[PDB]
Undergrad: 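Quick one: structure below, then a few questions.
Sequence positions for chain A are given in the PDB entry numbering; the residues included correspond to 43-307, in order. Values below: every heavy atom of this structure, side chains too, minus hydrogens, waters and symmetry copies. Counting starts at 1 for both ligands and their atoms, following the listed order.
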Amino acid sequence: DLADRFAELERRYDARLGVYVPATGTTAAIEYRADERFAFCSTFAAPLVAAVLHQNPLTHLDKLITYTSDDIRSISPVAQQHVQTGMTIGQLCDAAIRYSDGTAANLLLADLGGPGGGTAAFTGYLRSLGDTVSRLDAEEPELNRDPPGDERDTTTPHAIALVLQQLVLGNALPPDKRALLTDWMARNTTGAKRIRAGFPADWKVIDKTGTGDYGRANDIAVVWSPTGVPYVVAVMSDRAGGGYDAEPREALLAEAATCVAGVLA
Ligand SMILES: Cn1nnnc1SCC1=C(C(=O)O)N2C(=O)[C@@H](NC(=O)[C@@H](O)c3ccccc3)[C@H]2SC1
Ligand SMILES: Cn1nnnc1SCC1=C(C(=O)O)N2C(=O)[C@@H](NC(=O)[C@@H](O)c3ccccc3)[C@H]2SC1
Ligand SMILES: Cn1nnnc1SCC1=C(C(=O)O)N2C(=O)[C@@H](NC(=O)[C@@H](O)c3ccccc3)[C@H]2SC1
Ligand SMILES: Cn1nnnc1SCC1=C(C(=O)O)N2C(=O)[C@@H](NC(=O)[C@H](O)c3ccccc3)[C@H]2SC1
Ligand SMILES: Cn1nnnc1SCC1=C(C(=O)O)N2C(=O)[C@@H](NC(=O)[C@H](O)c3ccccc3)[C@H]2SC1
């Protein structure tokens, strides 16, 4: 039984684990703590890039954004290297997805604009996709830091799975913009040890990870079977029992994904 397996993983990793896989015509939804809130961490970058793509003509990707020393205040593997030249919106989208670049995410929030440095407009974008649960309240790095149980900067496995389903498999974006989002997630550099690790090599996986304080580790993915049948997989976790400095445990996500893959294979 899946729920027993997931509960065993929670005990193993001193963690809280949330899992959602939407139903298909032949598979029931998989749910474990699916409606409990967990911090987004960088998983929000996927719908953030969708929002920026949706909002603008595609040639907005070529607009140069300049930024300075006081803009680098979070892990930013790409933006730190390009601070002297600026980055285009397309480069920012690439970095935000593929490297979880926090400065890139903050600059994209600013590009979206409006109250809360773009966080209200981001939340509004999710509302437009029928998500009345998720909320973004802070930028990077603060959005990773809310205490366990705090609702700020949270989604749920169920909510984020349904959002990602619309973005990747549905019609939230026109095909040209959808392809940009999907390809950036396909070329992600941060997810090899999470959902990807739980699915056989002949399944395709595209994903966006998140990692935060209090042992937070997330991954949201779309996977395709070897015959092209897609599934959406959201796995979220935290480790409040270890306090603020608890390490994220990628292996919890890999094991959870292995259990999911066993059901879907
Ligand atoms: C196993 N796993 N999976 N996901 N997260 C983890 S471990 C959590 C984690 C730790 C930690 O110490 O344990 N960190 C560092 O150490 C910091 N390194 C950097 O800030 C920086 O060098 C960097 C950031 C990103 C890419 C390359 C370089 C960060 S990176 C996040
Ligand atoms: C997804 N991909 N990329 N490279 N190889 C693949 S798997 C082959 C494939 C499958 C399938 O059932 O094998 N598809 C879907 O599922 C249908 N749509 C989407 O995936 C779609 O919502 C989307 C359309 C346009 C741009 C981005 C996303 C098609 S797309 C072709
Ligand atoms: C309960 N127990 N007993 N023995 N092993 C365990 S649990 C295994 C384990 C976990 C874990 O994931 O569970 N860790 C963290 O999280 C990491 N802590 C830090 O990075 C940080 O707080 C720190 C870095 C340097 C000096 C002091 C603190 C390491 S500690 C090893
Ligand atoms: C790829 N890699 N390689 N080694 N470790 C990695 S992890 C990939 C990664 C992700 C992610 O998308 O999973 N991130 C976030 O989410 C952002 N979290 C924060 O900035 C954050 O404040 C924070 C960072 C670390 C510890 C506690 C809080 C960053 S951090 C880098
Ligand atoms: C670019 N790169 N190189 N290697 N991995 C990478 S990817 C980024 C990354 C870095 C880094 O260097 O940025 N890491 C550390 O530093 C390690 N942190 C720890 O193991 C950890 O917190 C710890 C636990 C217990 C005691 C002491 C330290 C890992 S975590 C992954």
Undergrad: For ligand 1, which of the listed compounds (cefamandole, ametantrone, valbenazine) is correct?
TA: cefamandole
Undergrad: Which chain contacts cefamandole (ligand 1) the most here, in the terms used by the PDB entry?
TA: Beta-lactamase
Undergrad: Of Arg291, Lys235, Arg236, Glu289, which has the heavy atom at the shortest distance from atom 8 (C) of cefamandole (ligand 1)?
TA: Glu289
Undergrad: Which organism is cited as the source of chain A in this PDB entry?
TA: Mycobacterium tuberculosis
Undergrad: Filter the UniProt substrate-binding residues of chain A to those with a heavy atom under 4.0 Å from cefamandole (ligand 1), and list them.
TA: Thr253
Undergrad: As a test of the contact definition, would atom 31 (C) of cefamandole (ligand 1) count as having a protein heavy-atom neighbour under 4.0 Å?
TA: no
Undergrad: Considering only protein heavy atoms, which is closest to atom 26 (C) of cefamandole (ligand 1), and at what distance to one decimal place?
TA: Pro119 CG, 4.4 Å
Undergrad: Under a 4.0 angstrom heavy-atom cut-off, which atoms of cefamandole (ligand 1) come close to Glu292?
TA: 1 (C), 2 (N), 3 (N), 4 (N)
Undergrad: Tell me which UniProt active-site residue of chain A is nearest to cefamandole (ligand 1) and the heavy-atom distance to 1 Å.
TA: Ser84, 10 Å
Undergrad: Just to confirm, does any protein heavy atom lie below 4.0 Å from atom 24 (C) of cefamandole (ligand 1)?
TA: yes
Undergrad: Please confirm whether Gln122 approaches cefamandole (ligand 1) to less than 4.0 Å, judged on its heavy atoms.
TA: no
Undergrad: Just wondering, which residues come within 4.0 Å of cefamandole (ligand 1) on a heavy-atom basis?
TA: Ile117, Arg236, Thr253, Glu289, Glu292
